[PDB]
Amino acid sequence: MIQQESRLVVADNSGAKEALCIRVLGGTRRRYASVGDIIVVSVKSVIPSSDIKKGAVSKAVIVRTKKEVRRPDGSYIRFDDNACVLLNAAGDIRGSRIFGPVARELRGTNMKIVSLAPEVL
Amino acid sequence: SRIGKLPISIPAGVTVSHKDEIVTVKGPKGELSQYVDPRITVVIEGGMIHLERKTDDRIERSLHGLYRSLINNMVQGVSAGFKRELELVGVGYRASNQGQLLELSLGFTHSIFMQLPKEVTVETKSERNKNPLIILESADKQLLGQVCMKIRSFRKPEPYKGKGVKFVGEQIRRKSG
Amino acid sequence: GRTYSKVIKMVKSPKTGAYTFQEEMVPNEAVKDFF
Amino acid sequence: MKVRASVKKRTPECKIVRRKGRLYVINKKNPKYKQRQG
Amino acid sequence: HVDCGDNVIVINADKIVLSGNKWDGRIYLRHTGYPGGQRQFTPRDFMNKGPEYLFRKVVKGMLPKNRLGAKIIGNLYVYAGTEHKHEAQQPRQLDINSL
Amino acid sequence: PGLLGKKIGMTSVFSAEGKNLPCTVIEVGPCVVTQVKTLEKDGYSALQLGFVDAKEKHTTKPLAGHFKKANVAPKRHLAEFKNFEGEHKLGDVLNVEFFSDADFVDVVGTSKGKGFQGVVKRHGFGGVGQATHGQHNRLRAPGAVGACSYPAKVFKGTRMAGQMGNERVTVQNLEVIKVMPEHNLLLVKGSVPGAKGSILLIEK
RNA sequence: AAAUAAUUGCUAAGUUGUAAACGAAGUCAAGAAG
RNA sequence: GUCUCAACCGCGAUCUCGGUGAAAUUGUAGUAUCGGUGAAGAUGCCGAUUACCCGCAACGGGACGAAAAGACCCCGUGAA
RNA sequence: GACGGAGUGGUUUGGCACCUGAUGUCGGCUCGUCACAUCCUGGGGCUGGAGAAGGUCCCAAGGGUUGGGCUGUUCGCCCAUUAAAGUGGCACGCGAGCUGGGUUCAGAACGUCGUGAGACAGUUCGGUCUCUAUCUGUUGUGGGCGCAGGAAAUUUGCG
RNA sequence: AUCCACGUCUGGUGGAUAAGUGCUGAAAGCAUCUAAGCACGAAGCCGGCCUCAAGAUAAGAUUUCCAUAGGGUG
Ligand SMILES: C=C[C@]1(C)C[C@@H](OC(=O)CS[C@@H]2CC[C@@H](N)C[C@H]2O)[C@]2(C)[C@H](C)CC[C@]3(CCC(=O)[C@H]32)[C@@H](C)[C@@H]1O
Ligand SMILES: [K+]
Ligand SMILES: [K+]
Ligand SMILES: [Mg+2]
Ligand SMILES: [Mg+2]
Ligand SMILES: [Mg+2]
Ligand SMILES: [Mg+2]
Ligand SMILES: [Mg+2]
Ligand SMILES: [Mg+2]
Ligand SMILES: [Mg+2]
Ligand SMILES: [Mg+2]
Ligand SMILES: [Mg+2]
Ligand SMILES: [Mg+2]
Ligand SMILES: [Mg+2]
Ligand SMILES: [Mg+2]
Ligand SMILES: [Mg+2]
Ligand SMILES: [Mg+2]
Ligand SMILES: [Mg+2]
Ligand SMILES: [Mg+2]
Ligand SMILES: [Mg+2]
Ligand SMILES: [Mg+2]
Ligand SMILES: [Mg+2]
Ligand SMILES: [Mg+2]
Ligand SMILES: [Mg+2]
Ligand code: NA
């Protein structure tokens with residue numbers, strides 16, 4: 001349950017560390033974004049001597065949420081934080097490593113995250 | 001009218017009648033019945049059809065010529081018939097009929113299947129390296145004209161190439177690209 | 001592709017008497033039922 | 001088709017017809033000269 | 001100020017004649033009372049309901065707009081066919097063309 | 001066509017495909033045909049059904065003569081359904097197997113009664129202003145009810161406070177999960193209007 | 001309230017019974033050139 | 001919980017019953033709607049339309065609603 | 001599409017001064033309702049329409065038509081979206097429904113004008129928004145009588 | 001438990017037409033979708049979906065009871 005002005009942890013080695021959601025894509029009054037959704041962010045803080053800059057505007061994909069996610073088999077999953085991964089203009093990710101677990105929802109959206117994540121759910 | 005003051009020479013082996021405001025022509029190709037308005041009168045004499053009107057008003061001046069032509073179209077309909085040739089143009093366009101069923105492949109994803117009445121017989125002479133030809137015959141000008149333009153409406157000819165469904169040798173609006 | 005086909009037949013109408021136009025889109029293996 | 005308060009022929013092959021109380025200019029050879037509302 | 005007229009029975013009312021382009025050319029207007037609630041209907045729309053729905057509307061409007069007029073409109077009976085049931089009242093025959 | 005039922009409650013079940021499904025349990029009990037209505041007599045064709053057994057102490061004499069004519073045990077609820085297929089006569093008995101060929105059903109019920117409710121809950125009004133920033137006493141107010149001297153009135157159909165709920169409601173295309181002829185039980189996916197124990201019409 | 005009055009034409013637009021420059025001339029009457 | 005975007009809970013007010021019992025306001029009223037008309041924005045005029053008789057709760061569009069002989073503006077051979 | 005010409009409307013700025021012992025005013029909030037001169041979605045004619053993408057005109061008001069930064073703002077500029085982020089009327093709709101940032105009281109200060117009291121094609125900080133709903137209107141909910149004898153149920157649907 | 005959304009389930013389904021397209025066809029020997037006829041043609045109109053609805057004073061219909069039927073107060 002992420003909306004405009006929410007702050008997320010950046011969960012890849014792209015250089016960015018904290019991001020602010022500017023927009024939830026895909027609808028006129030689409031209020032919330034869940035795992036596997038695409039958002040537009042501004043980078044709020046970075047590691048010293050990184051590639052991307054503080055204040056850049058980027059697309060990202062959500063990989064973890066605090067609000068529990070429902071599965072068709074009657075199970076739920078929630079995480080301790082909200083996290084995303086930055087994407088480039090061509091739809092691919094801008095980093096190499098993913099830090100922390102990712103949800104199984106991305107098995108239907110982006111196989112690059114799932115292949116190089118320490119654990120799925 | 002000039003048109004409506006003309007006799008129609010009733011050909012060999014067709015019979016004409018008049019009963020209850022209805023003019024009926026019978027011949028080899030069938031029978032056609034056409035209502036005629038009580039203020040335009042016809043009399044069958046000597047095997048000829050003559051029309052006349054009393055008042056020279058415009059509501060009869062229009063009807064006089066109209067009813068001469070409707071009968072003149074009926075008499076030639078039941079004796080000789082009426083010819084129309086459709087020619088599909090553009091590669092990948094095929095026509096073929098089985099019985100009265102018509103099959104048309106005009107470029108869409110689907111196919112087209114049309115059943116015609118016994119008034120309009122169907123035939124299709126489609127040679128190789130040559131365009132398919134659709135031939136329709138009937139005794140009714142109005143109905144055969146109705147069917148002919150429904151088939152052409154599926155694919156109207158375009159200007160940029162002569163592609164589409166056209167009457168045989170029909171003058172086509174062309175336009176370079 | 002090859003998931004439907006167009007079928008047309010003309011039936012006389014009681015309101016007027018002249019032939020109307022009946023149209024549908026049925027799967028390719030169903031036109032023999034319609035005609 | 002264009003709609004004008006005054007419709008003329010504008011071409012030798014144009015003809016003016018009345019269709020249900022309204023005037024039209026029709027031209028099969030060159031449809032760019034079609035008009036309405038005579 | 002008194003109801004002194006004659007009770008009238010109209011028969012063959014389905015063969016009434018309207019001239020011109022009036023059957024589907026004469027627009028009636030009414031309002032439901034809700035915003036955007038104006039509606040249109042024609043004399044042919046009434047004929048579908050029945051002759052007694054066109055005649056009643058037309059005869060109304062030619063009558064006084066008061067309590068007495070509301071009473072006397074009930075003295076009118078309109079029928080489609082030639083068949084009615086008032087033989088106990090012994091209705092008289094009148095040639096309307098004689099009026 | 002359809003039958004009368006009683007809402008029992010909700011539960012969740014696992015399907016064979018392995019999905020968790022919310023289901024509503026309805027007792028579509030035995031219904032007797034209590035009156036046949038025909039064209040030539042009534043103006044239309046329909047069947048009147050009776051559902052819940054009633055004691056004689058609770059049946060008035062006019063209704064007693066109604067069931068005695070049909071030669072059936074008196075019932076508590078009566079309803080009409082149309083467009084059957086099979087020409088059932090007086091005193092016939094219908095049951096849950098009627099729906100054994102049904103894929104989806106419609107359920108008509110009466111919703112729970114909320115009483116008198118304000119515009120915020122009845123119509124989802126936004127409310128006037130914020131909770132702070134100079135708000136005095138119009139937090140759950142409707143706001144303006146019309147324009148000025150023209151109109152000079154409130155239009156019909158204006159949304160206001162009033163009674164909410166306790167009204168007939170229809171829910172369409174409910175997927176049938178299972179029919180249990182042993183207990184006169186029907187299982188449908190989803191929720192239906194009304195409280196437990198309420199009377200429902202199930203249309204095939 | 002008082003003529004479904006008498007007689008002769010025009011209008012087909014419900015025009016009527018209480019706007020123009022500019023089009024097409026829908027129709028009726030009387031002419032002109034040729 | 002300022003908001004997205006509201007939900008629920010407690011008491012006091014509120015509602016019903018018993019007791020006591022004001023006020024502002026008030027030419028007379030059996031006080032509907034629409035368009036027109038009009039001292040030029042009509043419950044009350046005209047032509048239509050709709051409406052069985054009588055309450056209670058709830059909301060404020062109109063009665064150019066109430067209150068205060070407009071402070072603005074101008075005027076007075078006014079005043080301070 | 002120049003030079004010119006004929007109209008329609010009354011949402012701008014004006015002209016007139018006809019209503020007014022008081023007819024509350026900008027912007028926003030809430031709640032809408034109507035028009036169509038249509039922003040999207042639907043249907044078409046023409047094209048200097050190859051296709052794709054457009055341009056222009058015609059029919060069409062059923063539904064829909066975003067969230068932020070700045071500013072009292074309307075309006076605008078900008079950011080990110082969306083199928084689209086329409087234009088207007090209704091006392092520039094709506095303060096006996098809200099607010100009170102702006103304008104327009106009494107305090108004070110600057111620039112400027114005046115000898116001064118004071119003043120402003122200006123600016124700046126501060127500065128009480130009253131009323132228990134009679135009639136009508138609207139949303140809900142009852143009592144009486146009627147329905148050509150009285151009742152218990154189930155109903156058709158004018159709308 | 002109740003009440004709820006941030007939850008879950010369900011829903012937005014032939015006729016006559018507009019702009020247009022035509023057939024046959026004269027007035028006006030040709031031309032012409034129109035004058036006589038006819039076939040089409042929009043999220044729009046009417047039906048179809050949901051709810052109310054006989055004070056619809058034009059107050060409707062059906063089944064049954066009474067002439068102990070049925071009610072009110074509690
Ligand atoms: C006092 C009259 C008011 C409340 C308001 C009035 O505003 C003015 O008088 C602006 S001047 C202002 C007045 C107060 C002075 N202390 C300072 C001075 O600046 C206004 C807006 C109109 C211009 C006149 C008519 C009006 C009724 C309709 C309306 O909209 C009202 C009158 C009749 C209304 O009662
Ligand atoms: K009004
Ligand atoms: K007048
Ligand atoms: Mg309740
Ligand atoms: Mg709120
Ligand atoms: Mg306050
Ligand atoms: Mg408060
Ligand atoms: Mg008289
Ligand atoms: Mg309390
Ligand atoms: Mg008391
Ligand atoms: Mg007025
Ligand atoms: Mg009025
Ligand atoms: Mg006042
Ligand atoms: Mg004074
Ligand atoms: Mg004005
Ligand atoms: Mg006064
Ligand atoms: Mg338009
Ligand atoms: Mg205003
Ligand atoms: Mg106020
Ligand atoms: Mg007000
Ligand atoms: Mg001062
Ligand atoms: Mg302070
Ligand atoms: Mg206040
Ligand atoms: Mg011709
Ligand atoms: Na000085």
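Lettering follows sequence order; numbering is per chain, from 1. A fraction of the deposited model is presented, and contact counting is confined to that fraction. Both counts, for ligands and for their atoms, begin at 1 and track the order of listing. Basis for what follows: all heavy atoms, side chains included, without hydrogens, waters or symmetry-related copies.
- The drug at ligand 1 is lefamulin.
- The name the PDB entry gives to the main binding partner of lefamulin in this structure is 23S rRNA.
- Every other chain with a heavy atom under 4.0 Å from lefamulin is named here: H, I.
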